[PDB]
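What follows is a single structure, written as structure tokens, with notes after it.
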Amino acid sequence: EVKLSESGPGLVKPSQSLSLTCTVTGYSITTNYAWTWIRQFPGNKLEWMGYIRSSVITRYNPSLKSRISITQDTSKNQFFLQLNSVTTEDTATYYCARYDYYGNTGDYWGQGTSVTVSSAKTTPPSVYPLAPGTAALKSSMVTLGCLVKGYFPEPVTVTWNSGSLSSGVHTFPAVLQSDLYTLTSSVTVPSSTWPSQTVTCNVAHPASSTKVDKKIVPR
Amino acid sequence: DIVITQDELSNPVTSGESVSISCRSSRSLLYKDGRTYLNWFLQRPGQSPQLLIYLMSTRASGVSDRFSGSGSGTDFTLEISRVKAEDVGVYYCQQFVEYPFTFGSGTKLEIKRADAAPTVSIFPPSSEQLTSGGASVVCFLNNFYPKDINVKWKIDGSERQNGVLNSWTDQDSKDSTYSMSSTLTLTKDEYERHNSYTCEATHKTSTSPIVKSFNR
Ligand SMILES: COC(=O)[C@H]1[C@@H](OC(=O)c2ccccc2)C[C@@H]2CC[C@H]1N2C
């Protein structure tokens, strides 16, 4: 049903243009709303960027100066953000949303797309298995993990057993150093199930078109 | 243009308690049509903002009737009745009277629950990483409460401060705990110069640290 979905590059170089697409689903974009772009900075401050309405009428936040254009392609049920001359200060998660006259967005906010503005090179992660040193208190729980090291830009997606292992997972926020990110994910399972039943972390890094599986084998 | 200010919550809220969250506007949001154009959103950990209330007091479709909004023209209050673990997140107000339609900087709701000690696990570097010449030692400190925690690394009984990077999860929407990972990164050759590696967690749930170690 009626939803909004953002797409576009996750990484843009300084001085270039950032372009994103919002695809409206369920419903025609010709319905009379303010089709809006909002962004959220690291640290979580939200900024209203602008809207388009009636296919061709726009207004923008003066903060963006002359750098922003929002346009629409009715034939694709899409509207577009173009933000020119980007700098690292434009690194943010970008959302599209549908606003009405009363401020109501309904459920119509997109999932968000991270855009990093950086000159650093796209780098896929190395994925290393984290298996326990020796044995410990069995007949209970064992924690395993995956170390996802040296990638750029964010994000990565980590799953365990292709998503079949969902309870007892902790995927930690990445830490950035020297233009590379590192993050780990833990999973905790009954000692009865591992190593007798396999546990694999699956790590996707869409920005480099890479996905890696790493089976956790006992030391 | 309009600056919206939000009050901090000083204290965590136990499930079942109710809590008021407030925001203020530098200009009245009461409009000539008698409606007050103030929105409240909840952004749950890792998700997009979800509208709770618009026009100061109207619940968005599908929103729990535990959420209610009130206010004058410049001071607004979201009341969350009978808070649930899943209500954790950041609550934002937004004005809809003047362009651009600015947001407040958010109020984080923390849930109060019973103290829980961390489950601590330590992991040696993988042989795969060692072949590349690197050695990361990882410690997970999982499912603890409250959030305040200290991790210390020791190598052959000596405290190690350099090469450590920590990361903390947001509060869990189901069990209201926190978790933390600490990674000590060395070169393979530095790693091979020592034997015993220890992660020590200090948390309010015990006077003595939880110590996990391995010998290379
Ligand atoms: C700046 O315009 C507004 O804020 C108006 C209105 O916003 C718009 O008219 C509008 C037009 C195009 C895009 C987005 C909002 C919101 C509410 C209702 C009237 C008035 N405001 C109190």
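Each chain gets a letter, A, B and so on, in the order the sequences are listed, and its residues count up from 1. All values below come from the heavy atoms of this structure, side chains included, with hydrogens, waters and symmetry mates left out. All ligand and atom numbering here is 1-based and tracks the order in the structure.
In this complex, the main macromolecule engaging ligand 1, as named in the PDB entry, is Antibody 7A1 Fab'.
Drug at ligand 1 (options: nimesulide, selgantolimod, tasisulam, cocaine): cocaine. Other chains within heavy-atom reach of cocaine, distance under 4.0 Å: A, B. Heavy-atom proximity to A:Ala34, at under 4.0 Å, picks out these atoms of cocaine: 13 (C), 14 (C). For atom 10 (C) of cocaine, the nearest protein heavy atom lies 4.0 Å away or farther. At under 3.5 Å, a nitrogen or oxygen of B:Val97, whether backbone or side chain, sits near a nitrogen or oxygen of cocaine.
Across A:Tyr33, A:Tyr99, B:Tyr99, B:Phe101, heavy-atom proximity to atom 7 (O) of cocaine is greatest for B:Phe101. Closer than 4.0 Å to atom 5 (C) of cocaine lies none of the heavy atoms of the protein.
The option from A:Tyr51, A:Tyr102, B:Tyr31, A:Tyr101 that lies nearest to atom 13 (C) of cocaine, judged by heavy atoms, is A:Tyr51. Considering backbone and side-chain atoms alike, B:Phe96 places an N or O below 3.5 Å from some N or O of cocaine. Per the entry, the name for chain A comes out as Antibody 7A1 Fab'.
Atom numbering of cocaine starts at 1 in the shown order; those under 4.0 Å from a heavy atom of B:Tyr37 are 17 (C), 18 (C), 22 (C).
Applying a cut-off of 4.0 Å to heavy atoms, one finds the binding site of cocaine to be A:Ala34, A:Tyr51, A:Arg53, A:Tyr101, B:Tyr31, B:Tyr37, B:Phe96, B:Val97, B:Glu98, B:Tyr99, B:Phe101.
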Check cocaine against the protein and report each N/O to N/O distance under 3.5 Å, formatted as atom name, atom name, distance.
residue, atom, partner, partner atom, Å
cocaine, 4 (O), B:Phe96, O, 3.3
cocaine, 4 (O), B:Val97, O, 3.1
cocaine, 21 (N), B:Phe96, O, 3.1

